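Data first, discussion second: the structure below is written as structure tokens.
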Amino acid sequence: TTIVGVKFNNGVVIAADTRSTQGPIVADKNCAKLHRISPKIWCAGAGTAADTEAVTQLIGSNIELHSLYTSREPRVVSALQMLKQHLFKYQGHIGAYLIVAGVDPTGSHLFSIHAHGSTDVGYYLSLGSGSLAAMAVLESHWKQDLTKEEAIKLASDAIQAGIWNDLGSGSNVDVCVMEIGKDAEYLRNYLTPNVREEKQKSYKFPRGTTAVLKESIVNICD
Amino acid sequence: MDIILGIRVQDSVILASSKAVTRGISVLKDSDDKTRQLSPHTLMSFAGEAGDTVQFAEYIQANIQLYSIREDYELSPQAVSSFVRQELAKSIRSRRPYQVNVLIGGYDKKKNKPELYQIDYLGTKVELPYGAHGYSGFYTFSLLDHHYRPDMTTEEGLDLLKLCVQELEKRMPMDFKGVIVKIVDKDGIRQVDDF
Amino acid sequence: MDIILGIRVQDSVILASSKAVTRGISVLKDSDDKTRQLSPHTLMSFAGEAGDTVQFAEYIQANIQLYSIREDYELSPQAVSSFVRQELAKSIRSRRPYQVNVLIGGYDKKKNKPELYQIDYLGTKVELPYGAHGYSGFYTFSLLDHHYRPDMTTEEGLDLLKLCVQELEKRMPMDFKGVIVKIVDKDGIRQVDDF
Amino acid sequence: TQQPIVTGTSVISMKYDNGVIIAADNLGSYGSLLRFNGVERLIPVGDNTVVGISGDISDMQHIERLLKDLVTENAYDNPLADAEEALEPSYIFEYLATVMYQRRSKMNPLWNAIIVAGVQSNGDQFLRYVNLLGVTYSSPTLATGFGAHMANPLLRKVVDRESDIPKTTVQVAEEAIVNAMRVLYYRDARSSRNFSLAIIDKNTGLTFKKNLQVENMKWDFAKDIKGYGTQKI
Amino acid sequence: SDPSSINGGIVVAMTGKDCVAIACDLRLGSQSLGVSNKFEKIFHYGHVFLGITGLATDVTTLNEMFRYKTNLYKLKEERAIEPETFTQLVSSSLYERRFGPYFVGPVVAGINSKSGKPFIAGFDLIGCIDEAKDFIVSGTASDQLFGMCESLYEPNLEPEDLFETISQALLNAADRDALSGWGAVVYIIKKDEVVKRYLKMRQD
Amino acid sequence: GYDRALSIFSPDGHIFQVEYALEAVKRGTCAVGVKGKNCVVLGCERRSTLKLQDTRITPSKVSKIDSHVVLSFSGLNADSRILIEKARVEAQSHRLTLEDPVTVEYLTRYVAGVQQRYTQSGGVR
Amino acid sequence: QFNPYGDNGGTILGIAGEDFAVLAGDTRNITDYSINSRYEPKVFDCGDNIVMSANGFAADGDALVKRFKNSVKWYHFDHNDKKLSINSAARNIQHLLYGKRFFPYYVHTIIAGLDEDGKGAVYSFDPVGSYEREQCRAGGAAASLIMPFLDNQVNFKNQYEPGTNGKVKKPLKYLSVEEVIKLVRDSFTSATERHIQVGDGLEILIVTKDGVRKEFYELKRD
Amino acid sequence: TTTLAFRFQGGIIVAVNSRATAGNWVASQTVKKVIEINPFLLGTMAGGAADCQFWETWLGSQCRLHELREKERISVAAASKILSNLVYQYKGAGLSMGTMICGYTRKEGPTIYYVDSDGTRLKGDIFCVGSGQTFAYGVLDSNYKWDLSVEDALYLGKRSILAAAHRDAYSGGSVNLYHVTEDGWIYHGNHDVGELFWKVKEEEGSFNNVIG
Amino acid sequence: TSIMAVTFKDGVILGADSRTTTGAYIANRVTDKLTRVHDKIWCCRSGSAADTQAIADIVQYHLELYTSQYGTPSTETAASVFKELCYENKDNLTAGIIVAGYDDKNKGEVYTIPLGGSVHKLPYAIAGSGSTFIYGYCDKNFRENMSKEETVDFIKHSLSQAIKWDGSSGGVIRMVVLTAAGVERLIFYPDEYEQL
Ligand SMILES: *[C@@](C)(CO)[C@](*)(O)[C@H](CC(C)C)NC(=O)[C@H](Cc1ccccc1)NC(=O)[C@H](CC(C)C)NC(=O)[C@H](CCc1ccccc1)NC(=O)CN1CCOCC1
Ligand SMILES: *[C@@](C)(CO)[C@](*)(O)[C@H](CC(C)C)NC(=O)[C@H](Cc1ccccc1)NC(=O)[C@H](CC(C)C)NC(=O)[C@H](CCc1ccccc1)NC(=O)CN1CCOCC1
Ligand SMILES: *[C@@](C)(CO)[C@](*)(O)[C@H](CC(C)C)NC(=O)[C@H](Cc1ccccc1)NC(=O)[C@H](CC(C)C)NC(=O)[C@H](CCc1ccccc1)NC(=O)CN1CCOCC1
Ligand SMILES: [Cl-]
Ligand SMILES: [Mg+2]
Ligand SMILES: [Mg+2]
Ligand SMILES: [Mg+2]
Ligand SMILES: [Mg+2]
């Protein structure tokens with residue numbers, strides 16, 4: 001995977017590719033690595049696929065219960081703290097590498113979490129196998145005081161660097177924009193630069209090609 | 001523990017189990033019965049790790065007998081085999097698993113049909129017309145594929161079984177000291193004394 | 001390769017060698033002769049690593065036969081055994097040693113005495129009244145300690161040998177498919193066809 | 001069987017319309033220790049080839065000597081040594097690639113990653129890679145070590161395929177190389193600020209630049225970063 | 001001693017026009033030795049179909065476990081479970097055993113009874129959901145199935161055409177895998193009828 | 001090693017060393033071979049200028065190469081031992097690899113090949 | 001410890017027609033998750049209407065091809081410019097491979113051309129020299145993806161005649177060069193989708209009695 | 001692999017399958033596991049494909065050189081021993097070969113020699129070699145008699161391979177038959193298991209374990 | 001990492017580089033290794049980033065709870081809590097921490113806590129992989145009761161060399177000044193310190 005996070009004027013944006021691997025095999029060409037913890041706190045995940053999803057859902061559940069208990073909108077630091085303490089407890093065995101971002105009453109935030117439980121703060125971050133390709137772009141083109149549209153461009157360019165140059169990353173670019181005072185907008189398949197070309201031939205078989213031994217109606221009803 | 005075979009025919013299930021018990025370079029015994037009667041119409045043969053085999057077989061036997069007393073009713077071979085499989089399925093993820101492979105031969109009195117189940121130590125259950133555990137299968141399966149018919153009599157099954165034992169005695173490296181053969185049918189369980 | 005025995009009696013040396021050749025879980029052959037005639041009155045049986053056994057036996061055979069032609073004279077069993085031992089003694093410190101254990105049964109025509117030598121793959125030679133290689137010894141030695149007498153006839157030696165084979169067939173784990181028995185005496189080497 | 005001791009990090013390069021550019025920092029690391037700072041890892045062979053070498057520096061110095069001896073040997077009984085029968089980049093490369101593969105086949109490799117950059121006699125750009133395993137490949141952009149992970153993505157934005165080479169000028173190409181060297185200084189722990197850069201042009205020839213420095217770096221935003229999560233002060 | 005490749009087997013699922021198909025081989029073996037040619041790897045709980053590859057004891061165990069859970073679901077909810085919901089149940093149950101997992105490759109297939117939408121999904125052994133529009137593959141010949149499905153598949157196939165495509169994907173993948181084959185079964189699933197067909201394949 | 005080409009051609013096309021080796025054969029005691037319908041007989045001369053000989057231990061003129069093949073000779077006695085030894089070794093080597101004793105033709109061909117090798121090898125006569 | 005081997009990825013494919021033969025291969029060269037080259041050819045014209053590819057560890061593949069090319073050169077010198085037949089080349093390659101039986105070339109080798117009757121020929125080798133003539137063969141990283149598809153489409157495996165109760169097989173027949181190139185292109189686009197080491201470009205070498213022609217096609221670059 | 005060869009009243013039957021594996025990957029279904037050395041000599045191949053293929057073609061070169069030098073066809077014993085002495089020199093190096101040298105000569109008659117990579121060389125009437133050898137033995141032993149006809153013998157050899165091809169995962173593809181007589185060897189065709197299994201199942205009434 | 005803490009006339013100054021590594025890759029080049037566990041008790045972190053963060057978080061919790069009940073804790077008390085965690089979990093931790101704080105009574109104090117979980121009170125302390133290269137320099141140049149400006153120069157020059165020779169150290173030089181006046185954060189960029 002390639003995942004990134006970029007801060008801007010009035011908020012924060014995160015992005016991700018959509019490839020899921022199983023060794024050298026592409027299992028899912030369009031998986032969603034952008035997760036919702038709370039309405040305005042989103043999470044990009046890299047590493048062990050089941051772990052990123054399970055840990056983001058668990059903390060998201062507890063964040064919801066916390067939000068209801070406190071009668072307050074959840075904070076990114078709460079999700080950050082809950083995630084890192086959970087991950088630390090399991091000593092890196094839960095292979096979740098996350099970029100946590102969002103807006104809350106305190107402001108806009110951007111963090112990264114590693115499987116062993118360490119957290120980092122930054123204006124621009126990148127995780128996953130394609131993080132070096134992405135960080136090269138971010139280090140080359142990032143600047144202070146980015147606009148919303150500039151940050152989305154920078155983020156998607158960083159993901160593209162991973163898509164093209166990293167074999168672990170590919171397919172599409174997902175984006176989520178979290179701006180202050182506004183609803184977060186989840187841009188599923190923001191870019192689709194890897195569309196499969198038309199096949200040279202149709203492999204639709206003549207009916208009766210397959211040899212059959214038995215037929216039977218299955219009873220699904222009660 | 002090494003050779004256990006099973007053949008389901010028209011009206012009965014036949015289990016053949018080697019008599020040899022070997023430890024090191026010594027055949028300690030040549031008349032060992034590697035089977036337990038779980039119920040009047042259900043018989044289980046077993047093979048695997050020393051100690052585990054008998055300990056497991058008797059534990060199952062006790063549980064099935066307890067059930068029979070409680071309900072005044074005999075469990076079906078299918079029910080018994082499922083119970084046994086679950087116990088092995090629990091076992092494989094225990095601290096120390098039972099390393100025991102079993103064949104369960106039974107006659108279902110409600111269906112009036114013989115039934116043979118093969119269950120390995122992982123808890124892998126399969127109903128079969130003929131079954132074997134260990135290296136025995138590598139000879140007998142191909143032999144039975146050829147000679148076995150589903151409508152055979154008990155006597156034809158015994159001749160088919162003799163053919164398997166002869167092949168094993170010819171090509172197997174170890175001396176397993178012949179087999180004890182038992183038949184399970186509508187009238188219960190009985191042993192063939194001259195084989 | 002597994003069981004090779006040797007019994008020196010009053011007027012002859014008797015060598016018994018198992019017929020089984022096993023590879024993996026398959027007895028490939030049950031009529032293998034694990035011996036070579038080195039000279040008209042000298043016989044060598046062998047057992048050990050596959051390939052090495054026959055390669056070594058035939059190499060020795062060729063050398064002794066070469067000697068016989070050169071000198072128009074038969075080497076004594078003692079001389080042959082010393083030659084064989086030296087070859088194994090060289091071998092053990094080679095890049096790849098011969099992993100072969102041998103028994104050399106011979107009749108010395110000058111002394112008019114039978115002679116049995118036991119040589120292991122390290123080149124450890126011993127003259128014995130009765131000998132064995134491998135696990136066979138663990139049963140036969142104690143049995144021969146009891147029943148063996150030095151003044152026995154060839155027929156008594158064969159009965160004594162039958163007693164050993166029976167014990168091995170009873171207590172040995174592996175099926176070695178019986179033995180080929182050969183007798184070495186003043187009249188040379190001959191095979192017992194019915195054993 | 002070896003293990004590298006004193007090492008050199010990334011070597012980066014790319015093709016442009018009239019030639020090739022190649023660069024490498026002047027560091028000789030000794031594990032985590034940044035031991036030697038005046039190490040030249042770009043070695044010119046004639047006036048038309050530059051060999052950039054990463055990995056073990058003792059093996060690099062060995063290769064220097066081989067190349068130096070190659071020039072001497074080529075001049076023997078060769079009246080056209082400075083003309084038609086001068087050493088080409090392709091000759092120099094194939095020689096090294098032969099050596100590297102022979103050494104790996106003897107289980108005693110030269111623990112290096114090499115990029116031979118040059119311009120052929122007919123004006124064609126030459127840029128090919130070879131390493132300790134004897135593996136060879138060519139591409140519009142080539143980089144070793146961390147450069148493969150961080151520089152190539154940046155350089156491929158300029159020259160993504162063969163057809164982009166004529167469209168790329170020496171000014172644009174050099175700018176990309178110098179930018180990549182800065183990124184490597186930010187992110188490669190075994191890199192240095194000081195580096196050398198070489199341009200082999202089919203018109204202006206070999207231009208060897210020494211004592212360059214990474215500059216125009218962004219560090220100011222660091223002052224705003226406090227703690228690792230909750231901390232406000 | 002690789003649990004996922006001891007017994008062998010494959011499962012493949014495809015979507016079509018207002019239909020889904022799920023298919024599996026019938027082999028159960030012990031490494032090189034073929035033991036059973038009647039070992040079906042596809043089960044159903046109401047109208048939701050589940051195919052499971054991997055270690056046979058876990059295949060059997062999970063079937064019994066999901067039968068258990070879906071039977072209770074139905075008693076409390078007073079309705080049959082839907083594919084989307086069942087998919088989450090499978091994922092939950094697998095991740096519950098995160099550090100001592102079932103060695104399986106399950107595949108859900110079915111049609112939502114409310115919306116009428118065809119649905120398939122795949123999982124890894126620890127419950128990661130792999131949802132797909134086109135097809136899902138699982139087993140010892142997953143590489144083979146990926147290659148067959150990616151080339152043969154086309155969207156919006158009719159039940160009768162989808163049958164041929166999925167069957168040919170399974171058969172030719174199974175013939176390039178030593179641990180898969182020995183028979184095959186294909187389920188064609190429409191909104192309110194399900195056909196089950198046994199295929200004729202080479203028995204080696 | 002001693003390399004000198006001792007066996008070489010002369011202007012008239014003769015290899016004198018080979019021809020002088022024939023003179024050594026002509027000097028040697030007479031040997032005769034006669035083959036019948038079901039047998040072969042090898043006769044050999046022994047010169048009678050040597051009395052006080054011990055015929056038990058004196059090397060016999062006819063030598064067994066194998067149990068089924070024999071070799072007699074004429075010429076230098078010391079030279080014959082080298083050929084006989086090589087032939088005997090080859091006879092056992094043949095039984096070892098082919099699992100069959102040598103034919104008389106094969107054994108002859110081997111011995112003849114050895115003799116030939118010494119007519120165009122450096123350092124030997 | 002020094003490991004003398006590496007995996008440069010890629011995949012190759014050889015199909016034989018009636019009076020022609022093709023040998024295709026992608027142009028991507030990789031190490032681990034990095035791309036080394038998007039265009040690095042590994043299918044070569046070796047002379048005498050023989051095309052060759054040694055996929056796997058590139059250094060060993062290049063060495064082998066180089067040696068076989070040299071073997072062809074010396075075959076001409078030593079045998080009065082006689083043309084090296086495809087069957088003679090195959091046997092020669094076996095000896096090249098087996099000559100390093102105890103320190104193998106880590107490559108799957110495929111050659112293609114025409115036999116002495118003018119018919120299309122494809123020979124495939126294992127790393128140590130076992131070879132076999134075939135109508136169809138895929139080699140390399142994505143061989144397991146491509147090969148069963150070829151069995152189905154080239155050799156018509158598992159395809160029966162409609163309505164014949166699966167009793168009559170679909171009859172074997174030679175394919176045209178046009179139909180074969182369609183299968184090659186579809187095989188590689190499918191492999192590119194599901195295998196991370198496959199992509200960038202596709203180079204096909206077609207061999208007829210007239211000579212050796214080339215065709216190139218773009219593949220997805222992610 | 002599965003390969004077999006047995007001796008009987010009418011000469012020698014030789015039968016082999018045609019599968020090649022690289023682990024669980026079925027690499028080929030059309031491999032020739034019988035090498036024709038000469039008109040009176042055959043060689044079966046099991047274990048390492050390259051090792052068997054390379055050294056058994058080399059064996060044929062050595063058998064050819066023999067008949068040039070000796071003006072006589074090489075014996076089966078001598079041929080097998082050239083191969084056994086060769087592999088013995090490489091013992092420990094990692095060769096994997098399980099071969100059977102089958103042929104007829106005047107002095108020997110029909111003869112089979114088992115030869116493997118660890119130096120073993122055995123003369124015998126029946127041998128089965130390969131990963132599915134046990135499955136082949138089971139059928140072959142239970143139906144073998146010396147007084148089999150040439151027709152029945154060919155079928156038994158074919159049926160024995162089929163049995164192994166079915167049960168053994170690494171055996172399959174097709175059956176290649178050979179019959180060796182006093183006049184030499186005779187090829188008896190390539191038989192695909194895909195068709196042969198069902199044909200045998202129907203006609204013989206066997207393979208009841210399988211869903212018909 | 002390269003970290004240090006130095007006592008002086010008016011209090012104490014903590015210093016650190018800003019590099020975080022994963023092998024030879026710099027995962028973060030603007031890390032803040034100087035962390036607050038109390039108003040005027042800070043620590044320098046070296047070793048595992050996960051371990052040191054988890055520890056510092058627990059310590060901050062303990063001292064916050066201490067303050068609620070018993071008022072402001074001493075720098076020694078803070079060092080004891082660090083030690084307790086580092087010592088009792090020594091088998092599962094990789095943390096080299098320097099604790100530095102300012103009391104009004106005790107003035108500036110520095111405690112260093114190495115891998116084992118031992119505690120050492122010192123005038124100044126250095127730690128981290130890059131500290132090895134500046135033992136000689138720091139020993140020769142350190143003086144007690146330095147001025148603020150002298151101590152800043154001492155730390156700057158020291159970490160400058162540590163960064164120069166150690167590949168595991170680099171980025172910016174962060175500093176935190178602890179005095180009676182308050183808490184002051186300082187930063188120094190490469191262009192300044194590299195050419196010292
Ligand atoms: C890029 C692609 C790689 O860094 C991204 O990071 C993505 C992140 C998104 C998808 C969350 N990562 C992956 O795709 C991830 C890479 C990976 C693989 C293996 C271990 C760790 C990371 N892929 C996966 O997690 C796949 C997802 C499946 C295809 C839906 N999972 C697997 O490959 C599982 C690994 C499970 C696992 C268990 C214990 C510890 C770690 C991981 N592998 C298998 O299922 C393999 N095998 C299949 C047959 O059943 C037996 C096991
Ligand atoms: C039955 C069918 C199986 O046991 C038979 O015994 C046959 C004998 C016939 C084919 C002559 N044996 C095999 O099929 C044999 C099994 C085997 C595999 C590996 C080592 C020993 C025995 N298979 C082979 O020899 C294959 C033949 C291929 C399919 C053409 N070759 C390989 O597996 C090669 C070379 C193996 C090897 C031996 C000695 C030294 C080095 C290598 N290896 C690979 O192809 C490796 N791998 C395959 C996947 O692609 C990546 C590389
Ligand atoms: C200098 C660098 C050395 O003294 C400093 O001390 C800094 C301290 C600051 C950041 C607090 N230390 C580090 O940056 C620290 C170095 C380190 C590495 C490993 C063990 C102990 C210390 N780096 C880290 O902690 C990184 C932080 C990540 C990038 C956010 N973490 C890793 O490198 C983790 C370490 C996991 C671990 C292993 C053993 C003990 C404790 C933790 N590793 C990985 O993420 C995977 N990595 C992949 C490559 O193979 C090695 C492991
Ligand atoms: Cl940190
Ligand atoms: Mg199969
Ligand atoms: Mg790809
Ligand atoms: Mg099979
Ligand atoms: Mg530094």
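Just so we're on the same page: letters track the sequence lines, and every chain starts at 1. The way this entry was determined, per its header, is X-ray crystallography, 2.7 Å. Atom set for the values below is all heavy atoms of this structure, side chains included, hydrogens, waters and symmetry mates excluded. Cropped entry; intra-crop contacts only. Numbering of ligands and ligand atoms starts at 1, following listing order.
Measured by close contacts, the chief partner of ligand 1 is listed under the PDB entry as Proteasome subunit beta type-2. The drug placed at ligand 1 in this model is carfilzomib (bound form).
Lab note - other chains with heavy atoms under 4.0 Å from carfilzomib (bound form, ligand 1): A, E. Looking at the entry, the name attached to chain E is Proteasome subunit beta type-3. In chain A, the UniProt-annotated active-site residue lying closest to carfilzomib (bound form, ligand 1), with its least heavy-atom distance, is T1(A), 1 Å. For carfilzomib (bound form, ligand 1), the covalent anchor is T1(A) OG1. Residues in other chains coming within 4.0 Å of carfilzomib (bound form, ligand 1) by heavy atoms are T1(A), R19(A), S20(A), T21(A), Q22(A), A27(A), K33(A), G45(A), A46(A), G47(A), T48(A), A49(A), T52(A), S129(A), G168(A), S4(E), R98(E), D124(E), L125(E), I126(E), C128(E).
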